[PDB]
Participant: 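PDB structure, Androgen receptor holding dihydrotestosterone.
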Amino acid sequence: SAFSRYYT
Amino acid sequence: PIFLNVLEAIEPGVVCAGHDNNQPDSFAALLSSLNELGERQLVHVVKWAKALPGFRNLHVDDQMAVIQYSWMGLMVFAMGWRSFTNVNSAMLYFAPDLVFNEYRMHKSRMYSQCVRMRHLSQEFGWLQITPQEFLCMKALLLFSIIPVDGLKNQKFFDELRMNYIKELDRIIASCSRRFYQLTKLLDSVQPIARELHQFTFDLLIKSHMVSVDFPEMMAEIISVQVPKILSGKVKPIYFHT
Ligand SMILES: C[C@]12CCC(=O)C[C@@H]1CC[C@@H]1[C@@H]2CC[C@]2(C)[C@@H](O)CC[C@@H]12
């Protein structure tokens with residue numbers, strides 16, 4: 001996801 | 001204590017929406033700028049959360065899950081506080097460049113939701129909530145919504161959330177009514193977030209028809225994570241029944 005890529 | 005030191009140190013500063021206050025108030029303009037406020041506040045919520053005491057204890061997917069489920073309540077709570085401390089709850093202080101007056105509460109087609117948020121904000125006044133009680137309450141809202149089937153490492157979550165409750169009771173201290181009252185307030189965030197979830201979801205579904213822009217992370221969260229809440233797979237944790 002855009003969120004998980006950003007988060008990690 | 002160390003705990004409060006941290007919450008105050010990591011608290012995010014000012015986030016602007018990038019709203020063009022020259023354009024006339026339209027549903028599409030107001031909603032698009034709120035959507036963009038959300039994406040930018042999402043970044044700060046992420047960095048705040050990673051710096052929270054014990055948070056890195058959670059399995060990484062739990063860390064991300066809990067963020068993607070609770071950002072609405074988190075953000076609504078903080079905006080309630082801003083509204084209270086900036087404009088004494090007369091208006092909804094989404095951002096310094098995005099302040100809702102009644103006309104905008106109307107033009108956004110979210111008026112009843114807005115009334116509820118203003119009511120929340122009013123509460124900070126009515127209850128004489130302190131900055132410290134705010135900060136601790138807000139931390140707890142991050143650990144206030146989980147899948148009904150539990151998390152990847154449920155035990156670490158339970159223990160973290162317990163500790164945050166303990167901290168809120170600590171910075172409280174016939175003192176009994178207080179805690180009743182703060183938990184109650186915390187619960188009241190949940191129905192408001194629920195309505196906004198329902199609202200943003202419907203809005204995204206139809207957004208191409210109404211020329212409302214959803215930025216990228218907002219689009220994906222609202223379509224992937226938010227329906228797990230609306231469908232009942234993920235539910236808030238209520239203090240009171
Ligand atoms: C989180 C925001 C923006 C961040 C904030 O200060 C509270 C506020 C509450 C309503 C949300 C909005 C982000 C964009 C949303 C989700 C719109 O799509 C409909 C409801 C809006």
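Residue numbers begin at 1 in each chain, while the letters A, B, ... track the order of the sequences. Quick note: numbers below take in every heavy atom, side chains included, and nothing from hydrogens, waters or symmetry partners. In listed order, ligands and their atoms are each counted from 1. The way this entry was determined, per its header, is X-ray crystallography, 2.1 Å.
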Participant: What are the letters of the other chains with a heavy atom below 4.0 Å from dihydrotestosterone?
Facilitator: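 Within the heavy-atom cut-off of 4.0 Å: B.
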Participant: Hey, could you tell me which residues sit within 4.0 Å of dihydrotestosterone? Heavy atoms only, please.
Facilitator: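 By heavy-atom distance, those residues are B:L31, B:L34, B:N35, B:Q41, B:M72, B:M75, B:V76, B:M79, B:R82, B:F94, B:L196, B:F199, B:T200, B:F214, B:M218.
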Participant: Identify, by atom number and element, the atoms of dihydrotestosterone in contact range of B:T200, meaning under 4.0 Å from any of its heavy atoms.
Facilitator: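 Heavy-atom distances to B:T200 below 4.0 Å select 16 (C), 17 (C), 18 (O), 19 (C).
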Participant: Quick one: which dihydrotestosterone atoms are inside 4.0 Å of a heavy atom on B:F214?
Facilitator: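 Selected atoms, number and element: 18 (O).
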Participant: Which residue and non-hydrogen atom of the protein lie closest to atom 10 (C) of dihydrotestosterone, and at what distance in Å?
Facilitator: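 Here the nearest protein heavy atom works out to B:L196 CD1, 3.9 Å.
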Participant: Against heavy atoms of B:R82, which atoms of dihydrotestosterone measure under 4.0 Å?
Facilitator: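 Close to B:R82: 6 (O).
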Participant: Looking at atom 16 (C) of dihydrotestosterone, is any protein heavy atom nearer than 4.0 Å to it?
Facilitator: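 For atom 16 (C) of dihydrotestosterone the answer is yes, since some protein heavy atom falls inside 4.0 Å.
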Participant: At less than 4.0 angstrom from any non-hydrogen atom of B:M79, what atoms of dihydrotestosterone do you find?
Facilitator: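 Selected atoms, number and element: 6 (O).
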Participant: Which UniProt domain would you name for the part of chain B holding most residues in contact with dihydrotestosterone?
Facilitator: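 Chiefly UniProt domain NR LBD.
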Participant: Name the UniProt 17beta-hydroxy-5alpha-androstan-3-one-binding residues of chain B with a heavy atom closer than 4.0 Å to dihydrotestosterone.
Facilitator: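 Short answer: the UniProt residues with a heavy atom that close are B:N35, B:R82, B:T200.
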Participant: I'd like to check atom 8 (C) of dihydrotestosterone in this structure: does the protein have a heavy atom lying under 4.0 Å from it?
Facilitator: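 Answer yes: something from the protein, a heavy atom, is under 4.0 Å.
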Participant: How close does the nearest protein non-hydrogen atom get to atom 11 (C) of dihydrotestosterone, and which residue and atom is it?
Facilitator: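 Protein heavy atom at minimum distance: B:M72 SD, 4.1 Å.
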Participant: Distance under 4.0 Å to a non-hydrogen atom of B:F94: what atoms of dihydrotestosterone satisfy this?
Facilitator: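 This gives 5 (C), 6 (O), 7 (C), 8 (C), 9 (C) as the contact atoms.
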Participant: For atom 1 (C) of dihydrotestosterone, grab the closest protein heavy atom and report residue, atom and distance to one decimal in Å.
Facilitator: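 Among all protein heavy atoms, the one nearest atom 1 (C) of dihydrotestosterone is B:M75 SD, 3.8 Å.
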Participant: List the closest protein heavy-atom neighbour of atom 12 (C) of dihydrotestosterone: residue, atom name, distance to the nearest 0.1 Å.
Facilitator: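 Going atom by atom, the protein heavy atom closest to atom 12 (C) of dihydrotestosterone ends up being B:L34 O, 4.2 Å.
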Participant: Answer yes or no: does an N/O atom from B:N35 fall short of 3.5 Å to an N/O atom of dihydrotestosterone?
Facilitator: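 Yes.
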Participant: Check dihydrotestosterone for N or O atoms under 3.5 Å from a protein N or O and list each pair with its distance.
Facilitator:
residue, atom, partner, partner atom, Å
dihydrotestosterone, 6 (O), B:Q41, OE1, 3.4
dihydrotestosterone, 6 (O), B:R82, NH2, 2.9
dihydrotestosterone, 18 (O), B:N35, OD1, 2.7
dihydrotestosterone, 18 (O), B:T200, OG1, 2.6

